[PDB]
Amino acid sequence: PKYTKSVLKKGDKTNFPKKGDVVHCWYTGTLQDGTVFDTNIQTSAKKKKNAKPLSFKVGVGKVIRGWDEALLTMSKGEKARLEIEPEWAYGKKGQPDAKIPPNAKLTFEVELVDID
Ligand SMILES: CO[C@H]1C[C@@H]2CC[C@@H](C)[C@@](O)(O2)C(=O)C(=O)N2CCCC[C@H]2C(=O)O[C@H]([C@H](C)C[C@@H]2CC[C@@H](O)[C@H](OC)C2)CC(=O)[C@H](C)/C=C(\C)[C@@H](O)[C@@H](OC)C(=O)[C@H](C)C[C@H](C)/C=C/C=C/C=C/1C
């Protein structure tokens, strides 16, 4: 796989998402030099899902390839760090209009909040 995952806080080890499911996630993304280019983790309130965690369906290509594959190995509660090679993120061109330089390897802390 072209990502690397380190478990930072262990999940419940029972509830894992399948390719069907909708996952609810908090995240922070940093570029190589350390600058966080995006987070949804909030210092005003979490409360109550204000603001709301990210939601998408796993395994169906709604998100970048690194996220899609890594979410399938996480259990509910798990906070993990993910280093994703450019090939499994925004690749050669990157996404300039969204702060992603060309050929950036990207590091994300991700936390699985809930699965339905
Ligand atoms: C302001 O914050 C943005 C998130 C930003 C966008 C730009 C990137 C730098 C970034 O900074 O986040 C970022 O941190 C990032 O790289 N992320 C977001 C967190 C998950 C991983 C990654 C990502 O894959 O983003 C995604 C990346 C940008 C796009 C994918 C790239 C690969 C390709 O396979 C996919 O095609 C399907 C599109 C953005 C998302 O996580 C959102 C949730 C999903 C989509 C937009 C698409 O799946 C779309 O499909 C048409 C949908 O079905 C959605 C649900 C439809 C509804 C109406 C739109 C919601 C839009 C929400 C946008 C949000 C909260």
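Start at 1 with the first residue, then count along the sequence. We use all heavy atoms of the structure for the numbers below, so side chains are in, but hydrogens, waters and symmetry mates are not. Technique stated in the header: X-ray crystallography, 2.5 Å. Start at 1 and go down the list; that is how both ligands and their atoms are numbered.
The molecule at ligand 1, chosen from rapamycin, rifapentine, danoprevir, is rapamycin. Here, the main chain in contact with rapamycin (ligand 1) is recorded in UniProt as Peptidyl-prolyl cis-trans isomerase FKBP3. Other-chain residues and nucleotides with a heavy atom under 4.0 Å from rapamycin (ligand 1) are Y27, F37, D38, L54, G61, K62, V63, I64, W67, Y90, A98, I100, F108. Some N or O of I64 is nearer than 3.5 Å to an N or O of rapamycin (ligand 1), by distance alone. Atom 34 (O) of rapamycin (ligand 1) has its closest protein heavy atom at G61 O, 2.9 Å. For a threshold of 3.5 Å applied to N or O pairs, the pair formed by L54 and rapamycin (ligand 1) contains no separation below that value.
An N or O contact shorter than 3.5 Å links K62 to rapamycin (ligand 1) by distance. Protein heavy atoms are absent from the space less than 4.0 angstrom from atom 54 (C) of rapamycin (ligand 1). When distances from atom 10 (C) of rapamycin (ligand 1) to the protein are checked, a heavy atom turns up under 4.0 Å. The protein does not reach atom 2 (O) of rapamycin (ligand 1) closely, with no heavy atom under 4.0 angstrom from it. Of the protein's non-hydrogen atoms, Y27 OH, 4.0 Å is the one closest to atom 4 (C) of rapamycin (ligand 1). Of the protein's heavy atoms, at least one falls inside 4.0 Å of atom 20 (C) of rapamycin (ligand 1).
Summary of contacts: the protein heavy atom closest to atom 41 (O) of rapamycin (ligand 1) is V63 CG1, 3.7 Å. Atom 44 (C) of rapamycin (ligand 1) is approached by the protein to below 4.0 angstrom, counting heavy atoms only.
Nearest protein neighbour of atom 14 (O) of rapamycin (ligand 1), counting heavy atoms only, is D38 OD2, 3.2 Å. Within chain A, UniProt domain annotation places most contacts with rapamycin (ligand 1) in PPIase FKBP-type.
According to the deposit, the organism of chain A is Homo sapiens. Within a 4.0 Å radius of atom 62 (C) of rapamycin (ligand 1), the protein contributes no heavy atom. In terms of polar-atom proximity, defined here as any N/O pair under 3.5 Å, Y90 does make such a contact with rapamycin (ligand 1).
For atom 7 (C) of rapamycin (ligand 1), the closest non-hydrogen atom of the protein is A98 CB, 4.1 Å. Near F108, with a cut-off below 4.0 Å to any heavy atom, the atoms of rapamycin (ligand 1) are 14 (O), 16 (O). Those atoms of rapamycin (ligand 1) with a heavy atom of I100 less than 4.0 angstrom away are 9 (C).
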